[PDB]
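What follows is a model of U5 small nuclear ribonucleoprotein 200 kDa helicase carrying bound sulfanilamide.
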Amino acid sequence: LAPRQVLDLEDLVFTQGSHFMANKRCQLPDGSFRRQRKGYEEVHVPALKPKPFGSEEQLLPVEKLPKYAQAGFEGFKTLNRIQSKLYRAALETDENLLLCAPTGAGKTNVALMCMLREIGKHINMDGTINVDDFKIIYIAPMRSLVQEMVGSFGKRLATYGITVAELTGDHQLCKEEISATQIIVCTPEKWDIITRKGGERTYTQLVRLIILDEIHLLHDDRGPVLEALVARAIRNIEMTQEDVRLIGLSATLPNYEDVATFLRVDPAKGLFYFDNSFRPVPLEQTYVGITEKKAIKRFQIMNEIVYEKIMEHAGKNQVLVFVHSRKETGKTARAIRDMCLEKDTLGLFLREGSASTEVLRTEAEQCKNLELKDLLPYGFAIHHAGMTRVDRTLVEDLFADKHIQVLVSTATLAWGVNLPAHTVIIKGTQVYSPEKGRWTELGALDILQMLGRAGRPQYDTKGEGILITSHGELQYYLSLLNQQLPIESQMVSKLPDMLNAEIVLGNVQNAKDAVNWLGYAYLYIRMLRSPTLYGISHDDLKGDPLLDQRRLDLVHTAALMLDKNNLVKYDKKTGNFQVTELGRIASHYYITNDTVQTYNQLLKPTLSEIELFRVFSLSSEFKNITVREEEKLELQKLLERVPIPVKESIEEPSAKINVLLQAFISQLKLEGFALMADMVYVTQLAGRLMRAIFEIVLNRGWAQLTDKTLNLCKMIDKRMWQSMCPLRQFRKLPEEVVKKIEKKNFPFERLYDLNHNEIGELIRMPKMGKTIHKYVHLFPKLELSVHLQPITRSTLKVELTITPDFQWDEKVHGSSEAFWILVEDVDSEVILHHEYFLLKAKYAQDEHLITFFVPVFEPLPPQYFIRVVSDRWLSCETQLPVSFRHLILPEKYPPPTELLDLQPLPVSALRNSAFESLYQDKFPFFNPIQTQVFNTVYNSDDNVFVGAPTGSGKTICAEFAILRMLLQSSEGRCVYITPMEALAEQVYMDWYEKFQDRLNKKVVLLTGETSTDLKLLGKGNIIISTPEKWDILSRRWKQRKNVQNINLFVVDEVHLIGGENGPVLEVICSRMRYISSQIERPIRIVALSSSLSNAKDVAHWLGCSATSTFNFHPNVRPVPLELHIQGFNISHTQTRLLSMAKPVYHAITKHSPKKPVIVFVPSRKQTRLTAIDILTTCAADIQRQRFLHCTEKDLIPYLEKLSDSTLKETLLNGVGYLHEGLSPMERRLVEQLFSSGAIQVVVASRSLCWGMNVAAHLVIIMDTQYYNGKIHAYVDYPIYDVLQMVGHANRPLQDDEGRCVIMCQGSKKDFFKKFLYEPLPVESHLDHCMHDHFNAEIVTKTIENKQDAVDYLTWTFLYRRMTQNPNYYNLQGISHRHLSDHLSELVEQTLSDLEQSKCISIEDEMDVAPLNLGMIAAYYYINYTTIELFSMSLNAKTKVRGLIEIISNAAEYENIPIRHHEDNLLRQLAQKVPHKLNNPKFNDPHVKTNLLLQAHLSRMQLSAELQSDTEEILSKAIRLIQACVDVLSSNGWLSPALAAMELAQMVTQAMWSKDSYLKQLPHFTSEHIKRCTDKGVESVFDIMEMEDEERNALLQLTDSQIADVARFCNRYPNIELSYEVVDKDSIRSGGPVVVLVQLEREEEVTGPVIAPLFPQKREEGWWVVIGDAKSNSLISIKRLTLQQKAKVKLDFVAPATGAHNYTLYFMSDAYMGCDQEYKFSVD
Ligand SMILES: Nc1ncnc2c1ncn2[C@@H]1O[C@H](COP(=O)(O)OP(=O)(O)OP(=O)(O)O)[C@@H](O)[C@H]1O
Ligand SMILES: Nc1ncnc2c1ncn2[C@@H]1O[C@H](COP(=O)(O)OP(=O)(O)O)[C@@H](O)[C@H]1O
Ligand SMILES: Nc1ccc(S(N)(=O)=O)cc1
Ligand SMILES: [Mg+2]
């Protein structure tokens, strides 16, 4: 890299700040005349005549202006002279503009027209405007001007339904008032703070137009912030490639074109410059400089000059005087009034208009305080911001209405309000500047503004500007006000802070990045056009025209500064930057680097509040504050009144600052001017600086100093010491009241126990007694509850339940309340864990559960402490000791099985050549894991456990066991179970083409349906299944032989046993252990797993011996892993995500710049977005297509088969993505391209980490939480899901290593740092899912009594772990006795619950038996509570409406997710469905399924994920409906039962109860029905009996339409029924009555049931039913499948005597309207 040079930075800089002039000479216009007065020199320049109207230079009227821009212009008939040249520029082009004009010329309306244009392209046809589509930024230099603008602009655009809102000050992470607004108005340094925050593209993404008002501020010491701002923005336009319009508004000053360059303005098309001949009113300006320095006489001289100047106006004229003190307005107004009453008493009577009128108006307003009463009767008045109230806005009135004759006012009036005067006289021009620590000349920006108020636009002809100042070196002002003071760049002054900001953002990563950034600065353009002025020689410039040396030297110098102060780690060699937490905080809280060093140096855990106050005063933003003599006395008084001792700071500036702050909190009235100005300064800085110290110390875990610092933050905010009364924080509560309660030695906590009457009776003030009670209960108060379960001997899982215990009030609490959860050691010295909890208003009084892990150490202490502290409220916290007194730590886990460094095992150890073949073509030798394992699995016929990290090759370890089975047995059968369906389908693909193609042995994959699955188990050598599918088969293992005689049983990913749905896995694996040892032909168990801590427990459970148990440590992983965990201390997920964007790219380029990359993101929407970001970042880096490793031409043939539109675009750029909205085809395509090498990067959603057969070199996990709409919260990725993600970063054949970067919220970092490197512990949750499996065992009669239930548990993993980690399973005791006790108390509850729910019967306490409800739940695999609710909610008159409600309330649909902002989506659907729901809470999955079910019936296409959810719903719908039939028929109800069967078919075909049966046929629309309704065809029976020529002539056909419908009626069941009553003649009461039903189809043709709008491929089902229609009674029932010919018998019992009238029913569960009816009689 290039050599660098350390720079004398202080030399290169412009020391004079805004006052600096590289102006040299100064030419005056034609009026030159100088009128000396010995004591002071006078200089005049005359008003300018107005330039001539050019050829076709007319003034455009609003009439001609576009009809949509008319609004916001009532109050205007025509356009200004300036505004005419710019109408095309502003409203007809999107070109960047730079406008220069006299202040007052009307540049603002030009900015307004530009706004209108951006609004112009959001007109939305009928709907008036697209308010939520865009945003405009208006950057103004003064807070007073901003509020002025929000006012004016707010009126204009109110007719557009558009909102413009203020946003400047101390707004840290602003509220949703910025998300609602469309025009943001603010100051530079505000906007800078916002766009530094890392999460910024949420405020700025929508921003289409930003406006820089008074951009000459560039010249000021605030100048850099503008440069920083614009450089930052411009660079972003390049990155996102989203065009943003820049508009500059400046005053007529030199260098304007350099500024236009800076703004990327086209000199030909966007530069508009208007010299001072374009003023609103022509200006007669007068400048006077006091020659002599007699300072007392100075005021006397100065006040004499104002005197005579005012006199030359009197009766008809109006004067404005500007001075520079809140109190100087009063002095001056009275000083002149007395002056002109003792110096020849020149008439104030000469002032009051007429001879004595309007004097009564000025007297009728005289009843107002603040020395205004004294001036108003006369001709004088005053205006200042400082504490002036409504009077301020009334002096404004009378001046504007021309009653007030002489107004002297502070500068803020020039910005705050548009009231101009005929003549303006600026007095003195000196200002006390706190940060400079002295008196200096005021800003060039301020002078211009106020002196631009000379002459009222509609009532004046000439304006008179008088400028009184020092003669000494202030011809500078002539330069300013006559187009001659040049605009320079002040960047060097603020370089290292400005650099640091970008570094923290990720915008610059190295000196090179930096040096490029500098090129965006106005600094760069000036150094070019004026190199000598900036210390560059003419010779350097010609040799280095792009200033590559200087910009690197500049950067290098500032880099060393940030390094010295530890804001940034920088090495001179590579030139790379690393960001530190110190520099991160620095940038975020806007504090200079030198301060951060001081804090880093002085802070320490044991800091006292005394030393704390000391430290704050060493802040470098105070480095200029001195202690003046004229204020030493008053400081001494303050020091004696303030509470915190100030050591030996004595009369140093440190002491001054320290007590100034204390005085502020004590609310001490101050007296000394300047001393007040100083106080204001350190107080506004005090929030940030403290909050910064808080974060520094929070992060280091310093418990005590964290508490001190947060409290100090709150004292400054709430202006009260910590000892005072919490009630003071209520600002609407009489301050004498609070003083009364304070002086009582009374503890605040005791106020909660008193009522309004007792309160007053103790304050001795019975009036306020009731309103205090109101406030006490408004005060934030939380209850904390804790639950503990130890994980290892080093970490415990803590479940904190916070519960709000107060009344909410949006005018007191706002929309939320922030807290900090702090968990600390016994000594309360260390913060062990911490996180930020946010109580949103909507969910106040709602339960909040917070989970997290904490470290524990060898000899445990009694307790830890959880403290929950308000972020804003003083004396507002809640503490909770977490006792360890009864804590039993789990047993020490055994070491990992050692990795023997055996020499690698070649494929030749496998003998069989048909075997070796499917391996030899792949890899040369076996990894150290497979070699070590081999011997035991391929040679032995016994049980074995393998525990290695994912990516280690355990799959083929399992395959070893399978080869042996095929070797040892001809048609042997092995069962293989993976916990995930997407994994099941992955192995089946691998194994089918491995075992049925290569080895010619049938390989099968189980499905939902029982009958067809039974068949597959039969013909299969290799069986593949998820645990749930295998459970419903093996549940009846007695009745099924094929389950019993299986040779081999492989369990993969057995660590998932500790996850959700872990129970079912554990139950089946135990069922195999039970069976195997119960038939004496031992089944071989082979279990594969991630590295376990407690593998001994698993092996002993599954029959493995220690030796044949292979649990390796994660470091054993064949491809070594490089893990990096990157925390983000950002709580708001959307923000966290957005600020992870740049770090994702930067990670690719660092860790895997060439090799492939997978990025996981939490959602489908994120998947598309992150991809697009990577592209745009890439193209901005000038790379464009560095992730495409083929040519675009090569891809076209594949991308032709894509319809997504956008991954077509992204893949073309080398980046793909994956979610579940993509077609299975679209997925396969993308994966293929990735494995091939064509694309380097795919972004996949978290859900697809299980369904991906793709490996990268680098895996990036972007955030680790997903939103769960049910509990309105974000929840963590299961560790299982993350272990998997990381496994994707291994490619054994191509990389020397795998790399993983996890990006997570900071509160999560420490958790990942343990459970990724170390082995994993696992527990059972069988006990929390114990009912359904017991209920099934009692049905199968494996559990015949209570003892058998205890015996059954002895085969489970649960049984092993209860002894090893008792507190996890809440075994309050320890071992041996408590164990038998707890087992028996567990079986007791479950049987009780099952008995109470009608599922089982308990007889003699010991014995159990299945009941009806229990039989139906075991059969259909339905949770027992579902059928409890089914039998509880189904009556005699339930119809298909109530049936849907009941079925959707199934416990099965509980797990249906509610995603972010679907509550708005579901709310819409509800007001669009046939059957309305009452009180339907839209975070309830049941409410969701209910609507999603109607939408499916109503053939509605909707959101992608909703159709995707509908699929998971329908997938369980059938078994649920069938269950309902069973219950209604078990209860003898006729009506509901039949309607329930209708539901079964109408679900399958997706149609309603009275929808035309014509909808069963493909391609038919709702209009095709009425062209058959009128025609005479309203049935499917009709279209089958009419000839073919007449059939296709009916409606519109195609060749492929005829093909689909033909095959439809080749499977539409043809029905005919014959029946006889056996012994029809001889039948009596109480005797059996047999009805023999004959069934046969004539189709002969059969096949898969066609129901296009149904995700499952289901089979035909039929119910034959007998009932009494008259009395609503179901008499007999039988379900079957046709098989072409069938004989169904079903008998019942006869009534007392006579003959009855019955009905015979024949219903389908699949097709609509095949149903037959028959009336018959017996006896
Ligand atoms: N001896 C070997 N040499 C090189 N590559 C191998 C070897 N054995 C397996 N592989 C490959 O390594 C990849 C990872 O192996 P595998 O899928 O078995 O991981 P695992 O450790 O079993 O965990 P999981 O199966 O849960 O991902 C597979 O794609 C496989 O093809
Ligand atoms: N077409 C117009 N008709 C009447 N008044 C105008 C017109 N254009 C601008 N003005 C007035 O000129 C005054 C000063 O102009 P402003 O828009 O504040 O820009 P600037 O002061 O930055 O030049 C404003 O009070 C505004 O009302
Ligand atoms: N300021 C801050 C925000 C969030 C977090 S954390 N640890 O909850 O993510 C810490 C500090
Ligand atoms: Mg595996």
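Note that chain A carries the PDB entry numbering, so the residues on display, from first to last, are 403-2125. Whatever order the structure lists ligands and atoms in, that order sets their numbers, starting from 1.
- Mapped onto the model, all copies of sulfanilamide cover ligand 3.
- The source organism recorded in the entry for chain A is Homo sapiens.
- Using 4.0 Å as the cut-off, no other ligands or ions are found near sulfanilamide.
- Using a 4.0 Å heavy-atom cut-off, the binding site of sulfanilamide is formed by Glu1097, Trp1222, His1236, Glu1237, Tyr1238, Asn1531, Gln1707, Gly1708, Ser1709.
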